[PDB]
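Overview of a structure with resiniferatoxin.
So you know, we letter chains A, B, ... as the sequences are listed, proteins then strands, and number each from 1. Atoms within a ligand are numbered from 1 in the order they appear, just like the ligands themselves. All values below were derived from every heavy atom in this structure, side-chain atoms included, with hydrogens, water molecules and symmetry-related copies excluded.
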Amino acid sequence: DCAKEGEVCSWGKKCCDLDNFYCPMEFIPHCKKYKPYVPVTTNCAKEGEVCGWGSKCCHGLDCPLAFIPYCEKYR
Amino acid sequence: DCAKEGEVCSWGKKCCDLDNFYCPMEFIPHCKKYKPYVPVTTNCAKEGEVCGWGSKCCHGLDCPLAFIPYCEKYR
Amino acid sequence: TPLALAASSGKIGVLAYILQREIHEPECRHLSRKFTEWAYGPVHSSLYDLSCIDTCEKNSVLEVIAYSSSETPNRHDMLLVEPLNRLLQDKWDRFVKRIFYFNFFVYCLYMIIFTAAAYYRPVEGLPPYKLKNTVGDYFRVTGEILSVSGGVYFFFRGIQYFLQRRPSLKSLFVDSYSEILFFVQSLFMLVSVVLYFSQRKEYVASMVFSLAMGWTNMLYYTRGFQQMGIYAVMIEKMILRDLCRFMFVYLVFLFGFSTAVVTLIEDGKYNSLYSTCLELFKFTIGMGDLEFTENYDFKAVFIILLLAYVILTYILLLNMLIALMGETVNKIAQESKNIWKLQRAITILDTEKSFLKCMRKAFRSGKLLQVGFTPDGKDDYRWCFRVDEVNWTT
Amino acid sequence: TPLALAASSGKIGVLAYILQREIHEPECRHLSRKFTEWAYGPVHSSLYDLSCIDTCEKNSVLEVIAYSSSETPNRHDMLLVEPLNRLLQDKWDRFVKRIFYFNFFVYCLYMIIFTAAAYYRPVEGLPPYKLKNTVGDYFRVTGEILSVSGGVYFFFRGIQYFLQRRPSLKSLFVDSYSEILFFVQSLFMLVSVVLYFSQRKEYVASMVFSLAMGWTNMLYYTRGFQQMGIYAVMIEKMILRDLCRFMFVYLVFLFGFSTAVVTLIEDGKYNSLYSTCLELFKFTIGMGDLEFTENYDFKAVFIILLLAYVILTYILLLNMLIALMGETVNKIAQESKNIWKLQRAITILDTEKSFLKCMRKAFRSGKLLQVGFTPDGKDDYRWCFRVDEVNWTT
Amino acid sequence: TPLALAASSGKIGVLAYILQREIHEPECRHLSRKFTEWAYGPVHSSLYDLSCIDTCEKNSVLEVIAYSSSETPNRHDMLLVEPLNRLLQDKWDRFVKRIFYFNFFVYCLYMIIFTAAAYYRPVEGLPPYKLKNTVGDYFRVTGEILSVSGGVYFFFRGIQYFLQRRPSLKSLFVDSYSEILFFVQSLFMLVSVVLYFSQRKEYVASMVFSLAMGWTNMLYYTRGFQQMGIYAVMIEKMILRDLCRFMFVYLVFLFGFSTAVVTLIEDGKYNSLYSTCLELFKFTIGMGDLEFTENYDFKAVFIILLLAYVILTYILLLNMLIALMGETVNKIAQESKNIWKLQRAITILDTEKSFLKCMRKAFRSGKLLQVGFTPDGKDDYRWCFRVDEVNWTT
Amino acid sequence: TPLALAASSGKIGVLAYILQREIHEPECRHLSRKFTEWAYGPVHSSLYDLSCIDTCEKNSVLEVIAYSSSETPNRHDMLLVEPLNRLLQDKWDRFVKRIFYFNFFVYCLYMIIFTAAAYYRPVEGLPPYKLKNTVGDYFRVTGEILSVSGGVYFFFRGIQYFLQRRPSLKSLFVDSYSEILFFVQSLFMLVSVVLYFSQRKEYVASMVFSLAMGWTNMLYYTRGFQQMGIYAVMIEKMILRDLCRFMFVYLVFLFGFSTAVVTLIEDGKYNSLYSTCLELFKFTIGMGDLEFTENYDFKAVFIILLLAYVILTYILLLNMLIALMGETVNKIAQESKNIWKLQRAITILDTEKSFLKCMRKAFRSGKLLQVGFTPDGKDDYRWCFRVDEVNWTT
Ligand SMILES: C=C(C)[C@]12C[C@@H](C)[C@@]34O[C@](Cc5ccccc5)(O[C@@H]1[C@@H]3C=C(COC(=O)Cc1ccc(O)c(OC)c1)C[C@]1(O)C(=O)C(C)=C[C@@H]41)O2
Ligand SMILES: C=C(C)[C@]12C[C@@H](C)[C@@]34O[C@](Cc5ccccc5)(O[C@@H]1[C@@H]3C=C(COC(=O)Cc1ccc(O)c(OC)c1)C[C@]1(O)C(=O)C(C)=C[C@@H]41)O2
Ligand SMILES: C=C(C)[C@]12C[C@@H](C)[C@@]34O[C@](Cc5ccccc5)(O[C@@H]1[C@@H]3C=C(COC(=O)Cc1ccc(O)c(OC)c1)C[C@]1(O)C(=O)C(C)=C[C@@H]41)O2
Ligand SMILES: C=C(C)[C@]12C[C@@H](C)[C@@]34O[C@](Cc5ccccc5)(O[C@@H]1[C@@H]3C=C(COC(=O)Cc1ccc(O)c(OC)c1)C[C@]1(O)C(=O)C(C)=C[C@@H]41)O2
Ligand SMILES: CCCCCC(=O)OC[C@@H](COP(=O)(O)OCCN)OC(=O)CCCCC
Ligand SMILES: CCCCCC(=O)OC[C@@H](COP(=O)(O)OCCN)OC(=O)CCCCC
Ligand SMILES: CCCCCC(=O)OC[C@@H](COP(=O)(O)OCCN)OC(=O)CCCCC
Ligand SMILES: CCCCCC(=O)OC[C@@H](COP(=O)(O)OCCN)OC(=O)CCCCC
Ligand SMILES: CCCCC(=O)OC[C@@H](COP(=O)(O)OCCN)OC(C)=O
């Protein structure tokens, strides 16, 4: 009774097994495959650089929360 | 700089390592040891019996939520 | 007629003149409308005349004042004229009150059948269901057949309302609000009856809106009682005046910032315009989470917008809406005792037209020849309906 | 009597005439009620008469105006007549005030015993507890025996209230509100005393409601003071008028949409009608989570209902309720200084009937033969209670 | 002139005299301003004179009353003088109304281009983008070029506003509020056009504020309509009067307790002053979590502050702000029908100056020599603009 | 004196007589108080007399009307008498205004030193800190020594307030509210200076309350300005009248249900009375989680209490408190222009007593012998202080 990947969920039938198909929310949703879990690629902001305005902070450093936030290693 | 088990936390110093000492909240707290994780002992309410009024439901059954709730096994 | 034209235009003093004239003079007593039989202070029992006041042949003075489409701003001629403030009370307490609670009882009975025929719907399968011989299986197919039959009834009675009195051109909602919500309830169920035999599983989506709307339409019947009638009136004005005019002010903030948030950050929870308009509706409703945990490019800009959103639509706009709703609540509760009587007159006039055969109950208080003669003849006939008053002259 | 019948019907000017008559004329001075002893402007010390004003033999003029069941709408004859605005103040500041704070002290002492006898209840076992010889074990069985003895006292004093003055037919709550909450507190505890010796562990469920209600009944004693008495009055009107009439308007939305949500989606958190009415009560209260994470069939319909629920009962209905409560708060705070005095008179009349033996304190301000003669005799006797006024004639 | 000086100072009765003078007397009829052509009760068709009322050469009586900077407190001379309550209505319903909805249509068209040119921005790369030959790629570079061209237009038209009428010295915001928000929108976009060709990725942070502000500036056009115009006016007064004066009262509580919390506990979520001011803004907004789970030194002190924060700025201050906003909402809705007409006159006078060439539409209702002679000559000429009134003399 | 006794009792008309007497008659002109030098309509420049109005030797008419402890209910004799509505304005705009902003500047400078000397406190080490030769280490020990020196100053100036004018017996808070909050700030810091040299790490708990209170005391200086002064006044009345009388009504619900919840269920989060009063404070504040996940014995009873708690103290009581606060906000904003002037007069009289040496600035507007003679002598002397009025006699 499932709704296949690409078919309309959230009205008639829900999506199939959650290895692949999430719904999503956008009011006429279509069961979409997940993307691959990719890490922080290029154009990142390194440690001591400004995060939160231009670029994300990289994988091993938080931004974390300031007005002009600089990346930092964990304690 | 820790506050030992039985000493006053939450004003001067926090409690020690969290294997033993939680604070708790009661406004002049004293770092107390945890109790042992004990399962559902006697005077429980079995499956199909009324939970949530007289007795807890047992370890392998939810109550879960009704006005007069009867215990049930999981699906 | 000049009497109906005074009623169809909101003229109390012209209409209070015609209904309470007492021209005591030879060759002028027959011209009068009120005949005071006797007076014994402060009691003054006076026999009136019901020539075009209740006589449902032509446009009677009651069918005109009730069906007047929210203009003619001198409404509530009921308690302001009063040979008919007691005609309505006479029709209510004798004939209409018993048939009103019967209608409210059947509608409660209809909704219990319909809320139970939907609570026990079969889950598996999408096609129209054929049930086997079960004591509960046969009793619910009767329950579903009765439920659709109600949705047929409110459909045809709703079209009958639109054809009989043709409301149009932004008078469908101001007057005739509560008659179209029964019509929308009916056509959610007829769409549900189409999608059921169309073998679509989405029939229950239409039935559920027919069932939530069916219970909220049960406070149609609160409208008409003295105490609890104010709640159904101010729930109408807050939707039609307050929330409808406000939802274009709010929606330009919602669509304004949600198109801003989507182009700012392209990640989960704000990738689409729809999911962003829901998370920004949750912030102005108060039930949102300002957890700025996850890392975005343009995270620090995102906090400045989302705080300038929350301070601007949860503090300003939401409390501005509550302040405007609070004015129309306290305005409509001061004028409560006035607002009550017109809804009963709309119900008392409707229930009299529903039978259309019990003309013995349609007349009020007997025929009486109280003129004694005419300007030319010596015989007369009138429908009196006396009423005893208590006014004081010192 | 004509004096009590003016009081039992709400007639100030008829009652202010009889209490302040001064018929100074031969063979008419004995007919008078107020005797002005001397006047020295603006002071006018006048000796009144207490024949049926305080005399508790028949229906006195105070027991009639206090026990009048919320009709006779010219109430607060206290500050509007005033030979008895100072009779109540005389009974308060001399006799009743000291016995009132003693009753409030004992009730605070009762609730400290009862909140401590429940805080140290034994947890294990379901049978009636037997306590060994312990300094804390013996001191709490005395604590539980005193606590039930209070629940016996408020039970019999509550039945004594209903038999003495028989309030009935939708006057039990409007008047006599605060006397039935002590009665409900008592019978939660008597049910608790039944289930304790019935070896049921569910006795503490009845005792807990007797303990939460026992502390909220402590603001019975706020009622009667000038400043803090308004809070106990408007907590009564908001429950009885506002929240009680509103909870049929709200409950047709709650039961309407919760039967809609259950039949729409059949999964956890909304499988039953009870758990769905709790999650939809949490949305209108504001304390709900509109997290649309988990996947349902009919998920997109579910968002449309639940947003049309939240926008309709958290924005319209809840703020409509707050606007109606806010009107009855600001209406009852304007009329505050009036609303205060009737609750003290109900307390001052009750405490005088509680002793029923101290008749020396029951009279006010001595006997005095101020008539000098009678219409037939030459001797007289009256209970004077003089009062010095400060009114100004230029 | 004495006529403009009455308008530039808020003098109704002096200005209602000059516009409605009828000096019927030989060698004084030419002195008059209103000429009653005929009267047929209650209709009184009177031909006025437009010498300095609409004549845009010098400081006309309309350009003076519209551009008056929020002082001269006898404003709304429109409905209080009325040879020009119908001159504005004549200019609106004939000439200005069609060119107003065209401007509102182009601005809606501009924002749809601009909200779509930003929704489809390229994500990768920081340099100014070059687009290959694509049907969607060419159609969006036209979309971005049109969007900046609008931001150039509101920039120069905004400077044109400041140079033409020089508002200054705390009159920039009270009057001329809605003209500087279009100017701030423009310069967020010009900063965005600088940072785009400066190869900065942070151009979209300026564009997003230009896009959220661009949609909220669309309720400039609500200002001017009778019903929906009140919402744009009270959103201005709540920002300028209420929220601006309050945000120094609140900010000394926010900065007061956040410097207290930072020095009290030195751990995550409160290490910095910025992150502490956000968590304490979330508590007064209601959307904060008082979960006292994690262990701090000075945890018990931290609960006492944070409860004395929440009880002090979420209960006192936030509801004090809502009570002050609610006063300025209900004050500005009583005076609604007055508040509406001045914003149309500011729009009707502006749109007439925008063309500056259609002088055939600039005059109103033709030339007419209704004087018949002069004090010295026998010929005359005037611009009449008759109007039929309905006032009643018994 | 009869002049001060009129001021110390709230008598406008008696005091407006004495300050504006003009007894023009031989051997009676010397008796007068106001001398009209010349009149030129509508200007009337009149030289007054300052004999006991500003003369700070005895109880002057200003030190009496300012220091009057919130009784004498005809206060705001400032704008109701007015030879001294302009005496205060003369003392302000010439002498007191410059020394007031200097005091506000030093207090802002004091709080920046104190909020920075606490932001950079050393974390490690229970004992009083010793600082080595560092550019930042020496600059903060100066910062801590200046901060305690301020706390010494507000301590002794606070005791100086209590000894000079002895406020007592429930007048300490109604009047003299804002002077004891500076005193409480001071003694949190002196306790902090005790616990620092007592080698207790808990000194920062007292310093943090001295720092949060130090910034919220900065809106003492808002009190005295016309616009922003209303916010500091209504934050006082809401604490003293509204929130203080309400917190005994609420606290019997909090302690009532929290003793009910503790004895009902004995598990985590509700084991103690303190942690239960916090979770039930979070429900009435709105910021609580009604997640009924975890299994209790008496779980179904617990849902009935906690819903009958939330519906009873978050719906009734919290909105009842907001409705009472909203009345005292809108009452105190109507009377705003009156409420402003008394706080400046308390500041203008205090700053004049602070110097106690600049007697050249203490006099106002010179000596003048405007009597010309006396009843016995031919010479005189008075302190005039003329003022030009604008009142109109037709
Ligand atoms: C025909 C209209 C205009 C209407 C139809 C439905 C969808 C409605 O939403 C609205 C739009 C709406 C949606 C969400 C929040 C508010 C308003 O308002 C009513 C309409 C309005 C309401 C609320 O108003 C009422 O039903 C109460 C009521 C008061 C007085 C009445 O005379 C009455 O009819 C008897 C009903 C409830 C709903 O009918 C309902 O049950 C559901 C599920 C949605 C509500 O559209
Ligand atoms: C006898 C009635 C009508 C009543 C009994 C109890 C259950 C009550 O709930 C109600 C119903 C209710 C339930 C939940 C929310 C609101 C109302 O209102 C009172 C009743 C009402 C309240 C609130 O009102 C008060 O007790 C305050 C009060 C004000 C003035 C009074 O004179 C007074 O009596 C002295 C009490 C608190 C409770 O008694 C209480 O402690 C608990 C646990 C429930 C409340 O039922
Ligand atoms: C020029 C000023 C004074 C202003 C510019 C912007 C930043 C603004 O925030 C404010 C400050 C502010 C920030 C956060 C909350 C409230 C106020 O108020 C307006 C300004 C105010 C608002 C709210 O007011 C409006 O735009 C509605 C409005 C009503 C009447 C109008 O005539 C009008 O102009 C047509 C706009 C929305 C913003 O413009 C907006 O879209 C964003 C993102 C921020 C708002 O600064
Ligand atoms: C001396 C009293 C009565 C007082 C002292 C402190 C603890 C106070 O809490 C109160 C009790 C209190 C606690 C929590 C919430 C509300 C009230 O009210 C004030 C007192 C009251 C406030 C709020 O009132 C103000 O400070 C604003 C204010 C308005 C007018 C003023 O003249 C003024 O003094 C200049 C201050 C803030 C605190 O001082 C503060 O900074 C902290 C941390 C607690 C507040 O106790
Ligand atoms: C009432 C205003 C609500 C605004 C919501 C909104 O903008 O959504 C627009 C569309 C959503 O369509 P999509 O799911 O395809 O959006 C994908 C965005 N790239 O949905 C619609 O067109 C109508 C949605 C109405 C639901 C209440
Ligand atoms: C409107 C009041 C908001 C108060 C916020 C605040 O005090 O922050 C101060 C600074 C923050 O700078 P930092 O990120 O470097 O903070 C580090 C603190 N040691 O940020 C600023 O200077 C201005 C922030 C304005 C953002 C709305
Ligand atoms: C203002 C009312 C708040 C009610 C809180 C309360 O009842 O707590 C009582 C005690 C708590 O002492 P404990 O931590 O030892 O509680 C243990 C309970 N068995 O704490 C106190 O005595 C005073 C606490 C004041 C903190 C604001
Ligand atoms: C005041 C309205 C609250 C509505 C709650 C409601 O509909 O529940 C109905 C029943 C629940 O009984 P169940 O637990 O057996 O429900 C199972 C549903 N299939 O419970 C009841 O009958 C009375 C519940 C009263 C609790 C406050
Ligand atoms: C008021 C909005 C109603 C929208 C709606 O129910 O859409 C349902 C859906 C059903 O069509 P479908 O047969 O499932 O075709 C897509 C196959 N997955 O329709 C579409 C386009 O697929």
So, about resiniferatoxin - where is that in the structure, copies and all?
ligands 1, 2, 3 and 4
Return the chain letters whose heavy atoms come under 4.0 Å from resiniferatoxin (ligand 1), other chains only.
C, D
Hi! What's sitting within 4.0 Å of resiniferatoxin (ligand 1) if we only look at heavy atoms?
C:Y177, C:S178, C:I180, C:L181, C:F182, C:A212, C:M213, C:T216, C:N217, C:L219, C:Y220, C:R223, C:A232, C:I235, C:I239, C:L243, D:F257, D:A308, D:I311, D:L312
Filter the UniProt resiniferatoxin-binding residues of chain C to those with a heavy atom under 4.0 Å from resiniferatoxin (ligand 1), and list them.
C:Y177, C:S178, C:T216, C:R223
What does the deposited model list as the covalent connection for resiniferatoxin (ligand 1): residue and atom, or none?
none
By UniProt's count from the N terminus, which transmembrane segments of chain C have non-hydrogen atoms under 4.0 Å from resiniferatoxin (ligand 1)?
3, 4, 5
Which organism does the PDB entry give as the source of chain C?
Rattus norvegicus
